[PDB]
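Structure first, commentary second.
Numbers in chain A track the PDB entry; the residues on display, in order, are 199-252, 263-461. Per deposition record, X-ray crystallography, 2.4 Å. Heavy-atom basis, side chains included; hydrogens, waters and symmetry copies ignored. In each ligand, atom 1 is the first atom listed, and ligand 1 is the first ligand listed.
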Amino acid sequence: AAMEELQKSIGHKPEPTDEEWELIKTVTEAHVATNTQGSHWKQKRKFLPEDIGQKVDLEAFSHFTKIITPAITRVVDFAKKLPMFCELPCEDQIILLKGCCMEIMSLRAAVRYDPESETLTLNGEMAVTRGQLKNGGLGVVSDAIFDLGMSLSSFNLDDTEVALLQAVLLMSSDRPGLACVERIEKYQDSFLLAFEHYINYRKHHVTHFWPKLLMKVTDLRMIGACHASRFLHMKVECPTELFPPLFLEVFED
Ligand SMILES: O=C(O)Cc1cc(I)c(Oc2ccc(O)c(I)c2)c(I)c1
Ligand SMILES: [As]
Ligand SMILES: [As]
Ligand SMILES: [As]
Ligand SMILES: [As]
Ligand SMILES: [As]
Ligand SMILES: [As]
């Protein structure tokens, strides 16, 4: 903990300390419990009819918002199982959640990318294509998520890495309106540090793994920001009635 810089300067790659291993277990379990069973959506997935999602294709949009509420609640459930999140005020809770929701949902869809069928599986239950997701309301956001998915294939991420990534997205102190900024940053730094150490232990046969991984954090933030804009365009090209209450609550002030 106190011998970070010096440990790096020598050339050693510090692995998780006992305190961090404990933190890693909590976050991983948090993710695993609120996410689909690994390597299961593959056999249980259902491809969306090729005729849907071939303006906003309201039919495809319909199919997506039908399962969007559970996807969102899974993210709240994840956040709930992290003590650091619970230590925070109600106002900060909501702000943090409204800001990372689409970032985490996208990472989750992205890691369930299948190069064979060239599809993503939403909620591990609905296999969709780039065009289908694009026409269903996401526009270029679909492109961004699929591009992310194709890229993540080489990273070979496990439940721990995806979980830590989600924790880093969640604890974003720059979220506007936050009140407990400096402690939300302490939490994030803590996650980032356990994360880097986890990566050293994992030793991916990939060059500059950590920095490349960090760039993904930025891409996920962009996907989120970009989706905020896609939501505005949705409220115009879509019947207000096809917007589940929680969907509206989380993305719009
Ligand atoms: O797969 C998961 O667990 C989470 C997940 C669930 C869904 I439904 C999803 O698609 C979206 C997201 C935002 C949006 O405005 C529209 I219309 C569709 C994505 I991307 C990810
Ligand atoms: As709680
Ligand atoms: As509140
Ligand atoms: As509470
Ligand atoms: As505070
Ligand atoms: As974009
Ligand atoms: As955009």
*Name of drug found at ligand 1*: tiratricol
*At the binding site of tiratricol, which chain contributes the most contacts (name from UniProt)?*
Thyroid hormone receptor beta
_Mind checking the PDB entry for the source organism of chain A?_
Homo sapiens
*Within-cut-off N or O pair, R320 and tiratricol, under 3.5 Å*: yes
*Pick out, from the UniProt L-thyroxine-binding residues of chain A, those with a heavy atom under 4.0 Å from tiratricol.*
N331, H435
*Counting residues of chain A that contact tiratricol, which UniProt domain comes out on top?*
NR LBD
*Enumerated tiratricol atoms positioned under 4.0 Å from heavy atoms of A317*: 1 (O), 21 (C)
*Mark up the atoms of tiratricol that fall under 4.0 Å of a heavy atom belonging to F272, in ascending order.*
8 (I)
*Heavy-atom contacts under 4.0 Å between tiratricol and UniProt 3,3',5-triiodo-L-thyronine-binding residues of chain A*: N331, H435
*Touching tiratricol at all, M334? Heavy atoms, strictly under 4.0 Å?*
no
*Is the shortest N/O to N/O distance between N233 and tiratricol below 3.5 Å?*
no
_Close approach, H435 and tiratricol, non-hydrogen under 4.0 angstrom_ = yes
*Which residues, given by chain and number, touch tiratricol within 4.0 Å on a heavy-atom basis?*
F269, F272, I275, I276, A279, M310, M313, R316, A317, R320, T329, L330, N331, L346, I353, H435, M442, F455
